[PDB]
2 protein chains.
Amino acid sequence: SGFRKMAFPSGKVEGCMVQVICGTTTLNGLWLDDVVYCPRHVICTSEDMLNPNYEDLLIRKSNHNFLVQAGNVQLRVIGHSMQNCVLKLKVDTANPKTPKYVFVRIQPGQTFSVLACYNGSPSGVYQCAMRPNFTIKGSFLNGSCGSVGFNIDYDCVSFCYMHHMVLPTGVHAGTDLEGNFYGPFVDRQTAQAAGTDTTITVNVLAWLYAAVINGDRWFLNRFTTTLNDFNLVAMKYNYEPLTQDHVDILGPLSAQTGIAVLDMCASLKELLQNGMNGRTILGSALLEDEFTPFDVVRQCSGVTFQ
Amino acid sequence: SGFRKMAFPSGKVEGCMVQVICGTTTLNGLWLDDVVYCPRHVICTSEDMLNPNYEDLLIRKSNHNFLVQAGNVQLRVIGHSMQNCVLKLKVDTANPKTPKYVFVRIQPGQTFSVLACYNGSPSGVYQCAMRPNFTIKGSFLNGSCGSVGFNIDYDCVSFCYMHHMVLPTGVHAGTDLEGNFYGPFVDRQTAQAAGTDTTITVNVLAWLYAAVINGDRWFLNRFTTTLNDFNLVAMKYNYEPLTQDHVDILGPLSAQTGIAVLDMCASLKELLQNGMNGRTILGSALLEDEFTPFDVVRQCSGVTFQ
Ligand SMILES: *C(=N)[C@H](C[C@@H]1CCNC1=O)NC(=O)[C@@H]1[C@@H]2[C@H](CN1C(=O)[C@@H](NC(=O)C(F)(F)F)C(C)(C)C)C2(C)C
Ligand SMILES: *C(=N)[C@H](C[C@@H]1CCNC1=O)NC(=O)[C@@H]1[C@@H]2[C@H](CN1C(=O)[C@@H](NC(=O)C(F)(F)F)C(C)(C)C)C2(C)C
């Protein structure tokens, strides 16, 4: 009963967050085994960030130029290297709370939880999606860089995002844990802008299935459609094409509700053409595209994690 | 930059969740010091829940009728007592991960995070508000009872909610940690219904301040109003009266944005009378009332917790 934007429990990630200080700049780091991962612009001054040469700036720093704070314990940095846009600091102590973990790169349309942190301390948790233009609609303030995005699979934390910057229009950009940016952005304070966004069509349909599961079923019609006919209508409204892979992804929701994917596509097509006529779906006046089909299954079937 | 429904980090609460089994019924429990708190209907069968006599059912059970599972460790129950609608189980081992904590009863309009759990394992976290009709719009499945709501103050976990039931229209009802229900509901499977809900007016204004902070300021007009004039309009739209205490609560947001509370009240009054004219605020087509003024300050100023 009910449906909300639900984040993964964050305790496993909380035990990995540390504060990284380089001179006067401070931000968050991820402590896994004996390595701390953090954005490379921790080594920049405010002036440096306008046009930085990270390799040149890292040259002039030794291990003693970095201070890592984990709770009330300072960790000695005994090595450092740069991998793309993330800095890796080897420390003399391995994190005893290191969970089983993996570094992944997610695709546009997939969701993850964000643990927003400041000065190495967790502050809040929320759910986000990687937009088709490779931004995320996050909530970050100054000092939030180093905050990570993740998904939990039973006992394994899949880290997929580290926060680096906010763009015009207030959207956010970052890297995977190997330091490669999502999208064409660079970690320099210069004018950059994301491309036009798109509505994640498969996520809307998953959200529509969630509405039916919770008894909100006014938008269901008696029609069907073909994948070609639906996609032609969707493109005119800046909706992404629905592929056969997306249909297969939606299979579990079709089986639970007894509504064929193409029948639900007929309902969405009507909603796109005629609007919602002043009605709401799951309490929302706009169609929602930041729930993946697995999010709907997990929330409407109750998968737990240890 | 940006604004989301943000939950508190849940790690402190995750270390307190256990599985409570009584015969065939299973649900979640809260393990603090050497006591486990859980809903009292764990001692019911499916038939019992239709019209239970909890005192009579508890009579016929000893400490050995309860099995508490904390991870891979079973805890021996060495005592049990009933306090209102919560059952308290004394165990032979105190929780070493017991955080500093307090039991509070919240007021309608205040928010809290929910750690949804099943079989004692955390599954997801989301933010909720206590509605004026003393329900919450949660997301719960079968076996979710014992899940708790909480707020974090630095290092202290303030527990304010334990989940017990879902009502018609899909809203949820529960108790404080002393077992007293929020609202007139009872833990019996019989037809019950919540009163008419109301829009938390002070929370809407706080959310409007969050919009201005994030540059979304089309709804600001050049007018002011009196508290009496605004409240008269608000009542016709099922909005709660705005008191002087609510105005004082809003003070920090007025100081940060430089917009007087009554000037923002003039904007809300116009929105209520004329609608939104097809526009959105913070990406929403409806006014949002589940952010308290402190939530806005915390998210737009970045308070952390250890
Ligand atoms: C990390 N601690 C911050 C988080 C920012 C700060 C406010 N909201 C956020 O998400 N990251 C930065 O300050 C990054 C970083 C330099 C500058 N920066 C920016 O986000 C800037 N944005 C851009 O330059 C633009 F236009 F490309 F988006 C800023 C103007 C300061 C908001 C580096 C190294 C890119
Ligand atoms: C705790 N594990 C469950 C959580 C429920 C189950 C589905 N969604 C939820 O939130 N709590 C219950 O099953 C409680 C509990 C008996 C029955 N119950 C209900 O929520 C029932 N609701 C009502 O009887 C009514 F109308 F008052 F809301 C049910 C019809 C089973 C949904 C007790 C002891 C009240």
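Chain identifiers are assigned alphabetically from A in the order in which the sequence lines are presented. Throughout, chain A uses the PDB entry numbering, with the displayed residues spanning 1-306 in order. Since chain B takes its numbers from the PDB entry, the residues it shows come out as 1-306. Side chains included, hydrogens not; waters and symmetry mates left out as well; all remaining heavy atoms used. Counting starts at 1 for both ligands and their atoms, following the listed order.
- Per PDB records, the drug at ligand 2 is named nirmatrelvir (bound form).
- Here, the main chain in contact with nirmatrelvir (bound form, ligand 2) is recorded in the PDB entry as 3C-like proteinase nsp5.
- Going by heavy atoms, the other chains that come closer than 4.0 Å to nirmatrelvir (bound form, ligand 2) are A, B.
- By chain and number, the binding site of nirmatrelvir (bound form, ligand 2) at a non-hydrogen cut-off of 4.0 Å is A:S1, B:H41, B:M49, B:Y54, B:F140, B:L141, B:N142, B:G143, B:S144, B:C145, B:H163, B:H164, B:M165, B:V166, B:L167, B:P168, B:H172, B:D187, B:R188, B:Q189, B:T190, B:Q192.
- Per the deposited entry, the covalent link of nirmatrelvir (bound form, ligand 2) reaches B:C145 SG.
- The shortest N/O to N/O separation between B:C145 and nirmatrelvir (bound form, ligand 2) falls below 3.5 Å.
- Atom 25 (C) of nirmatrelvir (bound form, ligand 2) has B:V166 O, 3.6 Å as its closest protein atom, hydrogens excluded (heavy atom only).
- Counting only heavy atoms of the protein, atom 12 (C) of nirmatrelvir (bound form, ligand 2) lies nearest to B:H164 O, 3.6 Å.
- Lab note: closest UniProt active-site residue in chain B to nirmatrelvir (bound form, ligand 2), heavy-atom distance to 1 Å, was B:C145, 2 Å.
- Nirmatrelvir (bound form, ligand 2) is contacted mostly by residues of chain B from UniProt domain Peptidase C30.
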